[PDB]
There are 2 protein chains.
Amino acid sequence: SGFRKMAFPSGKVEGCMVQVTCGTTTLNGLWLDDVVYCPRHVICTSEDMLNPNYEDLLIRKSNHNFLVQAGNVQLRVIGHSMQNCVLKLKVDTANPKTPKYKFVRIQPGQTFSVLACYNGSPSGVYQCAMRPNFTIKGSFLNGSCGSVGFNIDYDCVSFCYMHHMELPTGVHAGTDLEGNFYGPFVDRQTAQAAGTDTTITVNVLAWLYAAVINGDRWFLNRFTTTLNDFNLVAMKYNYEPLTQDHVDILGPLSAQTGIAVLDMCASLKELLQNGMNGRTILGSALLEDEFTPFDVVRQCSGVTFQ
Amino acid sequence: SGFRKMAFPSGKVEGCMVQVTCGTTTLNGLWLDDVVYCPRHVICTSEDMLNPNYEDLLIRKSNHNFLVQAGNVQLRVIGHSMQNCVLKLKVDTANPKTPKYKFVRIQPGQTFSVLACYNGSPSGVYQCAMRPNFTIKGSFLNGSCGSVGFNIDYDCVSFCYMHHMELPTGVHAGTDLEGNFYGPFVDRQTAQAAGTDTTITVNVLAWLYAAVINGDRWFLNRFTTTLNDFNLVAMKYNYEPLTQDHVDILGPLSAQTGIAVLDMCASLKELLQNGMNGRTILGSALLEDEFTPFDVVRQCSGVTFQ
Ligand SMILES: *C(=N)[C@H](C[C@@H]1CCNC1=O)NC(=O)[C@@H]1[C@@H]2[C@H](CN1C(=O)[C@@H](NC(=O)C(F)(F)F)C(C)(C)C)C2(C)C
Ligand SMILES: *C(=N)[C@H](C[C@@H]1CCNC1=O)NC(=O)[C@@H]1[C@@H]2[C@H](CN1C(=O)[C@@H](NC(=O)C(F)(F)F)C(C)(C)C)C2(C)C
């Protein structure tokens, strides 16, 4: 029993983190085989961040302008190139700790673990979701750029996020590992704002199932609603609309608790209209939307990795 | 910016987890140098759990009754002994991944990371606090026994917790690594209950400072109270009393925000008497007590590890 915001074990990623210095700017890089990936703005100074021309900045650099350290060992850079918003640094030594990996682009509502790093050294691990407005609510200080987000599928690490910047509302924006931004952001110091965020409905439902599995039942009722009646209520409260695909995804949780998806929507419908009235669910007084259906199954059934 | 429930990177611990089988019972063990530590009830069957006599059960075993696997490699057990509630299995191979480590007993209110494991394989990592009633609010399924809790101090892993059991309220109890239980619990299937829990006041204050650092200021006020006036209010709400040592510990956070500890107590005093009234603090509608002052400093200043 119990329910916690659980991250993936980070061992396989810790062995890939390196420190990248170019000029007076130091940040983190990801070392897989003989390539080090890092944010391209490592080649920027202060004069450059308002309106950088990265093609110009890069041609004016040579391999020896880039200092790559894996702990104390220095890595010799033998070639560099730019792919969208990431720099790919070819080095003379392949990382012997390279795990089986792939590069995936995730969708809003999906979750991943973040290994926050400073100077190539891992500082902490935490779980978060990609918000519907393509930002993440992370915890990041100066120097954290190049920290990566990831999932683990059996033995395979899927990298899905590299950190680039903090927006003025205190939320965080970055790229996939091919260097393409999530959301309409750019890596310069211009005036950028996230769009309005919405609550991830399928995730709230998954969390209500986790609560039932763990013995919190007080919000249930006998009513049933329809997909269209629910979605009409959800839009009023800035909740994402629910689709038949979401219903099917919630199947395993419905079967395990004997509570039909559309039954649970009627409970959620009541919670949105009447509030929780000083009661808590799994130790929270707000509705939690950063657990996917698969997170709940994994934590309430006990899937491991190798 | 931002604030997350952050765990320590788990790499150094992942390399020490093994699977221990005795009979039809399999659980996790901790492999440091040539010793494997695991819960002693691995030597129990179903008939034994109501009233086990562990001295009798252990003398009736030999080294070959214990199957230890580190992934696929089998470890040969060359000797065994009991230390309080843990079994120490001497093996013929010293773990080459043994980190610099020590065994520490933590106090109520302190936090640590948990590497949850099944069959020797790491499943997830999460942060929790040792509650004033010596339980932890973990997330654990069947087979998770022998999972460990730990902190990292620079390069040194301090192991502080090994998991043994779930209580009927759904909370979790275990031992330090010398096998001594936290709290008045025993490793048998008798009727045991945790005592009443209290809120960890020094931790709530640290979290309020984190909120100020991150721009949440709405709960502040101009009032100041005394230690005795505050503690008189805290006891009414089942909060731990505040000591001068706690005040001193909150020093760095007071200096960074320019808000005196006793000023912040007056805000907390108001929040306890009037509630939060539909407002949130760092994304929570309840007062959070599982961040120590040191957790806040670490996350809002950016201490790494090597
Ligand atoms: C990478 N090392 C940092 C990470 C930041 C620092 C505070 N927390 C974080 O997540 N990234 C940057 O310094 C990037 C960098 C220039 C500007 N920048 C920012 O994060 C700034 N934000 C923006 O300009 C905005 F609002 F547009 F996103 C800052 C004002 C420092 C928060 C570049 C090249 C994008
Ligand atoms: C170790 N593999 C498990 C971990 C448990 C299973 C569910 N979640 C957990 O944390 N530990 C046990 O099976 C221990 C084991 C006998 C009884 N036991 C329990 O956890 C049981 N609880 C108690 O007997 C109680 F209430 F006294 F704590 C159970 C009913 C299965 C929850 C021994 C030797 C203590």
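Order of sequence lines = order of chain letters (A, B, ...). Quick note: numbers on chain A are straight from the PDB entry, i.e. 1-306, in order. We're sticking with the PDB entry numbering for chain B, so the shown stretch reads 1-306, in order. Counting convention: from 1, in listed order, for ligands and their atoms alike. If you're wondering, the header gives X-ray crystallography, 2.0 Å.
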Practice task
Write down the drug at ligand 1.
Solution key: nirmatrelvir (bound form)
Problem - nirmatrelvir (bound form, ligand 1): main contacting chain per the PDB entry - result: 3C-like proteinase
Exercise for the section: State which other chains have a non-hydrogen atom nearer than 4.0 Å to nirmatrelvir (bound form, ligand 1). Expected result: A
Problem - Proximal nirmatrelvir (bound form, ligand 1) atoms for A:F140, defined as those under 4.0 Å from one of its heavy atoms - result: 8 (N), 10 (O)
Exercise for the section: Could you tell me whether atom 13 (O) of nirmatrelvir (bound form, ligand 1) has at least one protein heavy atom nearer than 4.0 Å? Expected result: no
Practice task
Provide the organism that the deposit lists for chain A.
Solution key: Severe acute respiratory syndrome coronavirus 2
Problem - UniProt domain, chain A, most residues near nirmatrelvir (bound form, ligand 1) - result: Peptidase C30
Practice task
From atom 2 (N) of nirmatrelvir (bound form, ligand 1), work out which of A:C145, A:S147, A:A116, A:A194 has a heavy atom at the shortest distance.
Solution key: A:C145
Handout entry: Residue A:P168 vicinity, atoms of nirmatrelvir (bound form, ligand 1) by number, heavy atom under 4.0 Å
Key = 26 (F)
Practice task
Check whether any heavy atom of A:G143 sits under 4.0 Å from an atom of nirmatrelvir (bound form, ligand 1).
Solution key: yes
Practice task
Give the numbers and elements of all nirmatrelvir (bound form, ligand 1) atoms closer than 4.0 Å to a heavy atom of A:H164.
Solution key: 11 (N), 12 (C), 14 (C)
Handout entry: Within-cut-off N or O pair, A:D187 and nirmatrelvir (bound form, ligand 1), under 3.5 Å
Key = no
Problem - Proximal candidate to atom 25 (C) of nirmatrelvir (bound form, ligand 1) [heavy atom criterion; set A:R188, A:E166, A:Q192] - result: A:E166
Exercise for the section: Check nirmatrelvir (bound form, ligand 1) against A:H163 and write out every atom of the ligand that is under 4.0 Å from a heavy-atom position of the residue. Expected result: 4 (C), 9 (C), 10 (O)
Problem - Close N or O approach (A:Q189, nirmatrelvir (bound form, ligand 1); < 3.5 Å) - result: no
Exercise for the section: Return a yes/no value for A:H41: is any of its N or O atoms, backbone included, closer than 3.5 angstrom to an N or O of nirmatrelvir (bound form, ligand 1)? Expected result: no
Practice task
Using non-hydrogen atoms of the residue, decide whether A:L167 is closer than 4.0 angstrom to nirmatrelvir (bound form, ligand 1).
Solution key: yes
Handout entry: Interfacing atoms of nirmatrelvir (bound form, ligand 1) (cut-off 4.0 Å, heavy-atom, A:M49)
Key = 16 (C), 34 (C)
Problem - Any protein heavy atom nearer than 4.0 Å to atom 21 (C) of nirmatrelvir (bound form, ligand 1) - result: yes
